[PDB]
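Here's the structure we're looking at; comments come further down.
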4 protein chains.
Amino acid sequence: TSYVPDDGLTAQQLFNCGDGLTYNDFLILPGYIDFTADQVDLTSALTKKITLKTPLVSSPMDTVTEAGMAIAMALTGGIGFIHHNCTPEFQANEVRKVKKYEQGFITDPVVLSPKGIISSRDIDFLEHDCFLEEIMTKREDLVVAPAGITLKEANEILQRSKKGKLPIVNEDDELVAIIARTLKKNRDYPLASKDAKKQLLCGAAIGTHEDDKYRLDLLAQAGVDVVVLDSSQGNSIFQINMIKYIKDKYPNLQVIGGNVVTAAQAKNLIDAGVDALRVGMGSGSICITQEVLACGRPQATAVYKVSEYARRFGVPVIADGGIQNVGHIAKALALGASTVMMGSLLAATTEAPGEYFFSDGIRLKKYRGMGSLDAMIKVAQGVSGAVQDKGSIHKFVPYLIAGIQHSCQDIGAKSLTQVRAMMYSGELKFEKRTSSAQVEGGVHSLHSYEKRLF
Amino acid sequence: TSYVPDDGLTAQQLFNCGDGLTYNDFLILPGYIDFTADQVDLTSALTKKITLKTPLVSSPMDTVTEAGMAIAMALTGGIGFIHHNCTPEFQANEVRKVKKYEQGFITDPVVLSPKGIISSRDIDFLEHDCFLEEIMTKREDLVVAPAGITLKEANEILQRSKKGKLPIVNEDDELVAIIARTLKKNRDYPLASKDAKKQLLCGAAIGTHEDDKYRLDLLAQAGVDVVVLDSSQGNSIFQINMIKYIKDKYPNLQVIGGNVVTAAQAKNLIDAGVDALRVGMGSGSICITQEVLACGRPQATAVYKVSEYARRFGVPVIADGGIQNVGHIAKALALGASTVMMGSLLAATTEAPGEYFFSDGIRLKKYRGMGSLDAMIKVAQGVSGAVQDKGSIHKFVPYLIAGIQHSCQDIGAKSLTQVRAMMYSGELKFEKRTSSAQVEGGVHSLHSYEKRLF
Amino acid sequence: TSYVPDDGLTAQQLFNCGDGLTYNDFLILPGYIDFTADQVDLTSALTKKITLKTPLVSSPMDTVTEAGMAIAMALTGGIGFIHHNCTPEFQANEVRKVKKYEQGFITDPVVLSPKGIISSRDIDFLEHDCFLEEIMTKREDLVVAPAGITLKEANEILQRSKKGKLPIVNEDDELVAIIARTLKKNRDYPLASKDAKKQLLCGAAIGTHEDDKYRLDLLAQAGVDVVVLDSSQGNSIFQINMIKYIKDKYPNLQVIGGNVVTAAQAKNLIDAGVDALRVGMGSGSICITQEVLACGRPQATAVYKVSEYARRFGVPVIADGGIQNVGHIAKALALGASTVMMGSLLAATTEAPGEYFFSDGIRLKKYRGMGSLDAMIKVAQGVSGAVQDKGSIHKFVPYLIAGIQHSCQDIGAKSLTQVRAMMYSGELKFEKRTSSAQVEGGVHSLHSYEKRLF
Amino acid sequence: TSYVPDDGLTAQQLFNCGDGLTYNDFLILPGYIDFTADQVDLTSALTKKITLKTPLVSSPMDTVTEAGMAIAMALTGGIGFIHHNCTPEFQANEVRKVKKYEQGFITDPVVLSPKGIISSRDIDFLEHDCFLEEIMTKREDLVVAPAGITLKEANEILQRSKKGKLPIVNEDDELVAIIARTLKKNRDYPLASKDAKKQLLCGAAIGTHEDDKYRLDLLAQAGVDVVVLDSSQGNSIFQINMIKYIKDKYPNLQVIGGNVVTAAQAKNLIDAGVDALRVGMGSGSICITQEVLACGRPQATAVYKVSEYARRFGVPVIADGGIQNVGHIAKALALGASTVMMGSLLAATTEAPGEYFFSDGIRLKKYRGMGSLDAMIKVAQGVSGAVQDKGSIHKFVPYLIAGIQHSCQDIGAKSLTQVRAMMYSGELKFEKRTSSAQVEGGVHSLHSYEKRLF
Ligand SMILES: COc1c(C)c2c(c(O)c1CCOP(=O)(O)CP(=O)(O)OC[C@H]1O[C@@H](n3cnc4c(N)ncnc43)[C@H](O)[C@@H]1O)C(=O)OC2
Ligand SMILES: COc1c(C)c2c(c(O)c1CCOP(=O)(O)CP(=O)(O)OC[C@H]1O[C@@H](n3cnc4c(N)ncnc43)[C@H](O)[C@@H]1O)C(=O)OC2
Ligand SMILES: COc1c(C)c2c(c(O)c1CCOP(=O)(O)CP(=O)(O)OC[C@H]1O[C@@H](n3cnc4c(N)ncnc43)[C@H](O)[C@@H]1O)C(=O)OC2
Ligand SMILES: NC(=O)c1ncn([C@@H]2O[C@H](COP(=O)(O)O)[C@@H](O)[C@H]2O)n1
Ligand SMILES: NC(=O)c1ncn([C@@H]2O[C@H](COP(=O)(O)O)[C@@H](O)[C@H]2O)n1
Ligand SMILES: NC(=O)c1ncn([C@@H]2O[C@H](COP(=O)(O)O)[C@@H](O)[C@H]2O)n1
Ligand SMILES: NC(=O)c1ncn([C@@H]2O[C@H](COP(=O)(O)O)[C@@H](O)[C@H]2O)n1
Ligand SMILES: [K+]
Ligand SMILES: [K+]
Ligand SMILES: [K+]
Ligand SMILES: [K+]
């Protein structure tokens with residue numbers, strides 16, 4: 001015979017009925033492998049105009065994305081969104097801080113007012129004399145460098161002054177930047193996500209309330225590339241206006257639509273004029289909306305449903321919420337999502353806001369939902385907590401990339417663009433997983449065991 | 001195109017087959033928001049004649065509703081039902097106590113027999129002399145007030161006597177009431193549930209056994225507004241008679257039908273002449289009937305099924321049992337319920353019967369089913385226990401209201417009347433939730449976390 | 001209108017497809033109540049010829065049924081089966097012991113050989129002299145009683161001798177029995193299960209292996225009323241022969257067929273000539289067959305399927321295994337079962353074999369499957385353990401009866417015969433229960449709680 | 001009537017839709033028993049050319065199969081596969097070591113270089129003198145034996161020298177072997193799996209990467225009988241080539257195809273020229289692929305689907321992964337599998353690699369997946385751990401055999417060949433198991449319990 005039938009379920013019959021299943025409810029039948037995993041191209045679109053080397057994106061939460069994270073993320077190939085739980089000024093600062101970050105050049109030099117350099121030497125010896133400028137008269141005659149400044153002469157010249165951060169200025173003695181030694185052989189970031197001006201990409205979230213139009217402005221000034229509207233149910237006249245307002249004012253600016261879960265919700269945003277859709281309502285580890293409200297939708301189905309529609313307009317979808325492991329990323333992407341947003345899966349990370357604090361013989365790192373009472377009487381829709389400890393976004397992300405690539409390989413696709421083309425064509429196959437199938441899917445029948453991922 | 005199909009399940013296909021699903025088995029797809037949550041009107045009917053500002057209702061259990069609770073509940077916009085685990089006299093007392101409660105006026109002044117006022121002063125100094133009247137001859141010549149008594153002159157006049165509870169009498173020196181300082185700026189209860197005589201509404205539960213006709217009488221005297229028949233299976237000739245007996249005797253009185261779960265059970269009660277139906281069999285946190293019997297029905301389905309029928313007669317349905325969180329309330333209401341009754345979700349509360357007693361580094365408050373051996377050889381159908389500690393019904397209820405409103409908003413309804421009109425029309429959409437969907441629905445992927453709701 | 005549709009699932013569509021559901025997977029919609037629970041008649045058949053006042057039956061396990069249990073059970077209205085884990089002689093003894101038990105008369109007087117009465121007096125005072133008969137010459141001239149012996153003169157006469165167990169003999173000084181004081185006002189057992197000779201009924205289990213034909217014989221002699229073949233898969237040529245062998249030899253004797261789960265398995269036994277069928281394979285608390293084999297079937301479905309067939313021949317079915325609570329009994333009976341057999345649910349009991357032994361601040365009582373390595377290289381198909389502590393079969397059983405009656409009432413049936421007639425007619429309604437429905441079905445949303453059943 | 005319908009589900013309708021169920025999701029309805037369990041023949045094929053007495057097969061993991069295991073397994077009637085986590089030389093050694101193992105003859109005599117025998121005597125008395133050959137001049141004149149060596153004269157002759165391991169040599173004083181006393185009455189292995197040269201069978205796993213062709217060679221030399229390609233997704237051009245390469249070079253050699261789960265994946269391997277298929281992706285206790293990727297399939301369905309196809313070509317299927325108990329073996333075999341491979345279920349065993357180390361008052365034995373970071377930045381797809389303690393493969397396996405036989409009996413098949421013929425014909429019946437059915441399936445309703453299997 002040499003036939004072999006067409007066993008396997010198609011996306012349609014699996015996510016277009018009314019059962020409402022999530023990532024852990026299904027699998028993806030393998031295909032034919034004839035290329036190595038690293039040959040898999042993960043290039044994907046974040047918006048109608050922007051494209052990242054990797055589909056990963058950090059969430060706009062006060063415990064996940066902040067300068068450091070938006071930078072690492074961008075450097076590793078993804079992008080980040082600065083949360084909006086702080087006066088517009090500060091949030092806007094985190095943007096410019098990112099938007100004008102340059103290899104080797106000092107991050108954002110801590111500084112003080114006279115109220116010249118100031119090397120520890122002084123601070124030590126010789127009562128706290130009348131202010132700093134006094135206890136520190138660092139003569140104009142000092143080791144500084146001209147605008148011809150470069151990483152080359154920098155470090156080297158630093159040897160003469162045996163210092164590790166010589167200052168640089170344009171012409172009007174107003175520090176443009178300070179080169180720094182601290183790393184000893186900077187790596188190369190070939191996938192770095194940057195804009196036209198070669199600066200790293202940077203996103204930012206804002207509300208849809210009136211007092212957010214000013215906030216947006218400060219961000220816009222700072223060179224923000226894309227902004228996402230923060231809402232649990234983004235299909236409101238408020239967001240729609242907020243959309244129009246922004247698109248009009250700033251034509252040259254991408255706007256991602258508030259969190260939606262239905263094709264109907266999307267229609268309004270795609271019409272308002274959005275550049276993408278953030279799909280996901282009540283899937284976040286810290287989000288507890290479905291339990292305290294009554295509205296929401298199972299992630300896997302939501303991502304599939306909203307993408308199949310959004311695609312018909314060239315509007316990328318960001319699968320936000322529900323990604324509890326590498327696996328769930330490939331899943332979300334295979335269902336129509338162009339990129340995926342993470343929060344908890346990127347909390348412990350060292351680039352994330354906050355500091356670690358061992359608790360009960362185990363590592364730790366704060367992490368809560370922006371809808372929690374702390375982050376914010378108001379009805380709490382989120383919870384507060386903390387997670388373990390992962391490596392650094394510079395090594396963690398690369399691991400995610402390998403997984404996603406290994407996933408694509410097992411399936412038979414050499415790119416994410418293909419994975420989607422396959423599932424929409426009916427070539428990509430799926431299969432439901434019973435509770436026992438889920439149990440067998442993970443670790444079982446062991447007396448004890450540990451786990452290390454990369 | 002600009003079409004977007006009609007994705008979404010309708011109530012019918014979801015609760016009218018035979019799967020028997022509960023609140024945690026489904027969700028409600030969001031709609032369009034074009035109004036703020038606080039604009040949502042929660043007005044709902046408790047019976048054919050009565051209407052509350054809020055659909056909340058405390059349960060007739062000896063650990064939930066009692067004077068204090070029936071008062072707070074009424075003040076916050078809902079209503080309460082005094083349990084019937086105590087001689088009719090006492091239960092009847094709790095009613096009048098409620099029915100004639102007035103702002104500022106002392107609750108129910110504790111008192112003693114001679115066997116004039118009696119300020120601590122005496123009790124202290126000068127052997128327990130022959131009875132109270134002796135160890136306390138408080139002269140007729142004392143600070144008291146005339147029927148012109150008002151909160152105005154009251155407190156003020158109290159200053160002269162530097163006391164905090166001057167007595168007031170009509171004419172025949174028989175204390176009608178005592179004004180009291182103890183609060184320092186009473187709030188305003190705009191939603192208060194009151195009757196024609198401007199007195200707070202008050203409900204009361206009674207059995208269907210013969211010896212309950214006298215009990216009902218004492219309650220009726222006390223000015224009870226509505227009574228609910230307490231039974232697990234209320235479709236018995238006993239209740240039906242008890243219905244007729246009451247409707248006849250007291251025409252001007254609402255009667256809620258025993259707990260039912262089917263349209264067939266309802267028919268008998270709607271015919272007997274009930275003013276509402278209490279739907280719910282074996283859903284209560286402390287009820288364990290389904291485990292020790294064989295009869296019952298999944299709450300969500302029961303509420304939907306009995307309401308779709310009851311509505312065809314203008315008979316309100318009270319979704320009693322199964323409400324484990326704010327979310328489940330909106331759910332019950334969206335399925336055809338006019339109001340919802342709670343027990344455990346209103347136990348810890350300070351207005352509830354009993355006192356707290358820290359246990360294992362944690363707060364506590366007794367709570368058990370009226371079907372438990374303690375509350376009541378008889379077959380125990382309930383269990384006994386206790387819960388944590390919530391705020392006060394004066395702040396807790398308001399939180400429930402916000403939730404329910406936030407829920408209605410997310411859906412797209414500006415009132416509960418609308419939410420039901422939407423689900424019966426097919427506009428309101430639902431989606432089943434798999435076990436994984438339920439797991440993703442709540443908190444997951446966190447190393448640890450705490451939870452605060454309002 | 002006044003119609004009300006026909007909501008509700010019928011047994012057929014619920015247990016005749018291939019889903020394989022158990023008791024916890026469904027419920028029984030209530031009906032109309034017009035009679036009190038105690039008016040419910042539980043009379044049910046155990047075999048084609050025998051009938052018990054109650055459908056309860058103790059299991060033939062070395063930790064459940066033994067003389068004491070087969071007696072209490074019979075007295076409370078049910079029946080018991082002596083296990084066969086002991087030489088035929090001893091098992092046969094437990095039978096006669098039961099079969100000839102009489103109110104007041106000493107159970108089975110412990111005794112010694114000379115190698116007259118022997119009151120402690122002696123044992124105490126005056127070296128262990130040459131044997132008992134010597135250290136105890138209780139003269140012929142002693143307080144004894146004639147065959148006219150009766151509970152009347154007995155106790156009374158005992159006063160004169162101030163003893164508590166005067167001996168009685170026929171004529172040939174061979175103790176027929178000894179009356180005993182130890183209770184102080186024996187109760188009345190109106191439901192007692194007895195045979196023609198007014199003796200309590202008694203069952204007994206035997207294997208189907210060759211060496212079991214002798215064992216059966218000793219039992220037969222002892223006046224056993226019914227015997228059950230002990231097998232996990234009773235549809236073997238071995239049992240079929242064993243059936244024929246017995247039916248032939250002892251026509252006047254009931255034989256219950258080995259454990260089966262299908263209508264096909266039953267056909268062979270009903271033809272071999274059985275008087276009943278023990279349905280249930282791998283449902284017992286201690287049975288772990290399904291996990292270590294590959295054959296078996298979900299109890300609820302098995303009971304329904306085998307009964308619908310067996311009934312077509314007047315062959316009663318004993319729902320054995322899976323009854324984890326009062327509720328599951330009514331369920332099994334409502335599906336076609338005539339009686340139900342229990343093991344674990346009757347372990348802690350005081351009438352059960354073994355003694356209690358507090359462990360970890362909690363009561364205890366051994367309990368294991370006859371298929372366990374201990375009870376019995378052989379493949380273990382059962383496990384060994386222990387349970388808590390229930391009352392006495394004289395109070396526990398009565399509780400089960402109330403439940404079963406309360407269950408029948410809630411449904412609307414005044415007898416078990418009716419409950420079955422209702423489910424087979426399509427009048428009795430059912431509804432599946434989702435996992436959440438099962439969770440809501442039991443205790444939930446409580447911070448803590450205890451449980452007392454009767 | 002005497003008909004009895006055809007209740008029961010067929011494999012087809014149960015594993016050929018898209019639900020994806022595992023072993024714990026179904027059962028096998030019993031049939032007719034007319035033969036004893038030990039009469040059941042378990043003979044099954046491992047490949048197109050090879051046949052084992054028992055369908056058991058140890059997995060190629062560095063914690064399961066290694067010489068000792070491949071020997072015991074072969075002796076008990078099955079076969080084993082040496083893992084490939086060690087230079088080809090060593091892995092190849094483990095093969096020859098096995099391939100030339102002979103009863104009584106010393107396993108693999110530990111040895112040292114001069115850098116004659118060497119009995120402890122010396123080592124003790126008389127500074128570590130210049131090397132061994134010196135501190136030990138065991139004269140040529142010593143107790144040794146000629147090629148006529150046999151277990152007969154061996155042991156006996158050993159008495160004269162009162163030693164326990166006399167050396168034997170061919171002619172050129174180059175030890176061919178050493179007979180040893182250490183057991184005191186060697187048993188008989190009637191089912192031993194051997195090749196034409198009467199040597200025990202031995203399998204070995206290799207990768208499909210280029211540098212594996214040399215490795216294969218060393219194994220081939222050592223007399224390996226069958227080799228299995230180690231891959232999670234074995235349907236790649238790499239394996240297909242690796243297949244062709246081997247089949248060509250070594251015609252007289254069996255090759256088992258990489259792990260597959262679909263009929264489509266199989267087609268390529270059956271065409272490449274494989275002798276069997278290893279079905280199973282992400283079912284292993286230590287495999288966590290489905291959780292960190294997105295591809296895989298529920299074992300039960302995979303085994304059924306791939307076998308129904310593979311059989312159409314006479315290509316045996318090895319159900320690898322998911323076997324958590326005796327029961328699951330019969331299940332896998334009944335669905336079309338010819339043999340089953342185990343890992344964890346054969347870890348604790350004494351023949352397995354590694355030594356035990358009590359931990360927390362309990363026994364222990366290391367066990368991890370070859371995909372774990374330890375066994376192997378790379379993406380970890382497995383985990384590391386350890387299990388309890390089972391007996392010895394010489395007693396454990398026999399237990400598995402009894403189970404599998406007991407299973408076959410309960411069904412009604414006298415051989416595995418029959419079990420499959422029955423399920424493909426539609427005679428063998430199945431039934432799904434709900435979560436409650438699964439709960440009832442195992443141990444429940446017990447206050448406590450222990451477990452011993454054989
Ligand atoms: C905000 O972040 C989230 C996100 C992204 C998600 C979830 C979530 O719970 C949160 C936290 C809660 O966000 P939100 O539900 O509070 C939405 P939002 O922040 O826009 O607040 C909405 C309310 O603000 C008021 N509002 C919004 N815009 C205006 C406006 N233009 N004028 C007046 N009032 C407005 C209304 O009361 C409207 O209901 C979730 O479950 O899935 C995704
Ligand atoms: C009473 O509260 C509940 C409620 C409200 C619920 C559940 C529950 O378990 C209880 C506790 C138990 O109530 P109930 O089942 O004991 C019902 P009820 O209190 O009316 O007692 C009923 C029995 O009393 C006797 N009875 C009732 N009325 C009469 C009568 N008129 N004459 C004689 N006997 C009567 C009968 O034996 C009838 O079976 C439940 O599972 O869902 C809701
Ligand atoms: C015995 O009790 C049970 C019961 C009642 C149940 C289960 C259970 O596991 C046990 C314990 C195990 O009983 P069994 O499976 O060992 C059945 P049985 O005691 O009859 O032993 C059967 C074997 O004995 C041998 N045999 C039986 N009769 C003969 C015979 N006539 N001649 C020769 N051999 C025979 C055969 O090897 C036959 O397979 C269960 O899962 O559901 C109900
Ligand atoms: N409910 C809340 O308080 C809250 N806080 C954040 N979120 C949503 O959950 C997402 C993160 O989900 P996760 O941690 O990847 O499961 C965020 O991007 C945001 O959309 N929700
Ligand atoms: N079974 C019992 O003892 C018992 N006690 C109270 N109840 C029922 O449960 C309801 C409360 O449910 P809950 O606590 O909101 O889940 C009560 O209103 C009553 O109808 N049941
Ligand atoms: N597998 C075993 O060892 C074993 N031992 C007893 N049993 C079966 O289980 C039944 C008791 O079930 P349960 O305890 O009521 O769930 C017994 O009547 C018997 O049929 N099974
Ligand atoms: N993922 C991993 O690291 C790993 N290691 C081994 N395995 C697979 O799992 C199988 C063993 O499964 P189990 O232990 O019987 O459930 C092995 O034969 C192999 O196919 N997988
Ligand atoms: K969630
Ligand atoms: K309950
Ligand atoms: K069981
Ligand atoms: K697994």
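Labels below follow one simple rule: chain letters A, B, ... track the order of the sequence lines, proteins then strands, and each chain is numbered from 1. Method reported for this entry: X-ray crystallography, 2.7 Å. When a ligand or atom number is given, it counts from 1 through the structure's own listing order. Note that these values count all heavy atoms, side chains included, but never hydrogens, waters or copies made by symmetry.
- The chain forming the most contacts with ligand 6 in this entry appears in UniProt as Inosine-5'-monophosphate dehydrogenase 2.
- According to the PDB, the drug located at ligand 6 is ribavirin monophosphate.
- Every other chain with a heavy atom under 4.0 Å from ribavirin monophosphate (ligand 6) is named here: C.
- By chain and number, the binding site of ribavirin monophosphate (ligand 6) (heavy atoms under 4.0 Å) reads C/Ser59, C/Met61, C/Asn259, C/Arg278, C/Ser283, C/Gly284, C/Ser285, C/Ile286, C/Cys287, C/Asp320, C/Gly321, C/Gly322, C/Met341, C/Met342, C/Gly343, C/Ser344, C/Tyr367, C/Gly369, C/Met370, C/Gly371, C/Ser372, C/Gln381, C/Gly382.
- The organism that the PDB names for chain C is Homo sapiens.
- Within 4.0 Å of ribavirin monophosphate (ligand 6), counting heavy atoms, one finds these UniProt K(+)-binding residues of chain C: C/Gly284, C/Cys287.
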